[PDB]
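Below is Cyclin-G-associated kinase with gefitinib bound.
Simply put, chain letters go A, B, ... down the sequence lines. We number chain A the way the PDB entry does; in order, the residues shown are 1-122. Chain B is numbered as in the PDB entry, which gives 24-335 for the residues shown. These values consider heavy atoms only, across backbone and side chains, with no hydrogens, waters or symmetry-generated copies. For ligands, and for the atoms within them, numbers begin at 1 and follow the listed sequence.
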Amino acid sequence: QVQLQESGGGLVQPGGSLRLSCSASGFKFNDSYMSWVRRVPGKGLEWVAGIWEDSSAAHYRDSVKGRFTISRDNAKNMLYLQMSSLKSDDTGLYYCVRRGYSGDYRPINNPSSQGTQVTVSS
Amino acid sequence: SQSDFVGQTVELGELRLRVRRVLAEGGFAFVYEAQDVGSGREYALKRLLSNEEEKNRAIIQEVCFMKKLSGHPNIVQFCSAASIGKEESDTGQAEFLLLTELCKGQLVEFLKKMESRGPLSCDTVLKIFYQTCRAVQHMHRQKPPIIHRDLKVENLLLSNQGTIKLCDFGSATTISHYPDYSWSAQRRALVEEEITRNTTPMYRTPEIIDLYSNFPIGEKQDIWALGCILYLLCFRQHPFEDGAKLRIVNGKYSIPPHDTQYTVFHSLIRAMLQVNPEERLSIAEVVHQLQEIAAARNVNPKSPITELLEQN
Ligand SMILES: COc1cc2ncnc(Nc3ccc(F)c(Cl)c3)c2cc1OCCCN1CCOCC1
């Protein structure tokens, strides 16, 4: 029974900074690859960033490299995504899912959680 | 053994793959989920362990077919392959690795988890079947034409984009058979046994069951299989589920007389399930008619099936 719950998103003008969090339960968080995904209106779902089990490896898509930072806490089964220098394309409904992606940044696991809204505009 | 392969690291080209879990078991090969430690990209990894050259030579042609079918939006994408001798392998068997792109999973397992919602719309069936046929068409366009011979819903995958993709090509071939009266009875028996192995019992065509009718065993095999699939998507059940040879040879099946939901597909089913392969519609004729239906229904059949995509 994989269950996830995201929070920490809101409305912030371009250039701002947000910090997303996610509590996980129902599976063994310590031995699983975790990822952040977002749902942009008009485009669909796309993979954003991912992190290995023991944080020995972190991956980011081209449009967020050096701008977003992913991290985890296996002790509390938490997953964090630090966003900064936000653009208009960063606007979307952010989820956290298990495993990575395939092809052109296309997530493996579809989000069953509610997600957290991130809106970027003046 | 092929169960201890999980949690290991495989090197293919510039990729370092971590074996995550088992996707499918086989008596010859297992399919695993493999993730790259440098990119985070996921793949599907089939691992064949056998000393039989028949199976080893078969998976080689399986690779060549995929490399040629590459680039198509309705066919799984080949990435890499590797050969491992009996000596380097731990199981004492020759090892072969087949690496493709990772999808959401099989179409079948998403369908049963959505039966709770109710019956499938005529549109969703139209989307699934069209994208299925567009993949078969791409196969029948190749030179020489590639025949799947193992078309079934279990071989249909739901991509991460939300589209249908074909996966297994172990039974695929470009060889056609043209039996006449110059054929001996034993040759007919020998050819039949060979083709029978690579086919699913209830999906076996009339021309491969009765080899004294001088029916050509070519690309029209896939058409008959598609007719079984379309029937299987509307009425959920297989037209020849019992697999009785007498029913397949004589082409005896029944369409639900009180159907009022999938009536549009009645003409296509009857036209694809013809006993004589010479009378069955070509893949182009099937696709063409599917496009007319989608136009009259205001539906883009190439668009992703979002209802199955958001299924968990
Ligand atoms: C994430 O799900 C899949 C993605 C896949 N992506 C690509 N190919 C698959 N199968 C496959 C089929 C034929 C082949 F020759 C090769 Cl190399 C691979 C795949 C099979 C997959 O799983 C199929 C069986 C679903 N299992 C059922 C048991 O519980 C876990 C889900």
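Counting all copies, gefitinib can be found at ligand 1.
Other chains in heavy-atom contact with gefitinib (ligand 1) below 4.0 Å, by letter: B. The active-site residue of chain B per UniProt that lies nearest to gefitinib (ligand 1), with minimum heavy-atom distance rounded to 1 Å, is B:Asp173, 9 Å. Of all UniProt domains in chain B, the one holding most residues touching gefitinib (ligand 1) is Protein kinase.
According to the entry, the source organism of chain B is Homo sapiens. The binding site of gefitinib (ligand 1) (heavy atoms under 4.0 Å) is made of B:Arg44, B:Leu46, B:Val54, B:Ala67, B:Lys69, B:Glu85, B:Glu124, B:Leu125, B:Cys126, B:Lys127, B:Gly128, B:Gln129, B:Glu132, B:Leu180, B:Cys190, B:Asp191.
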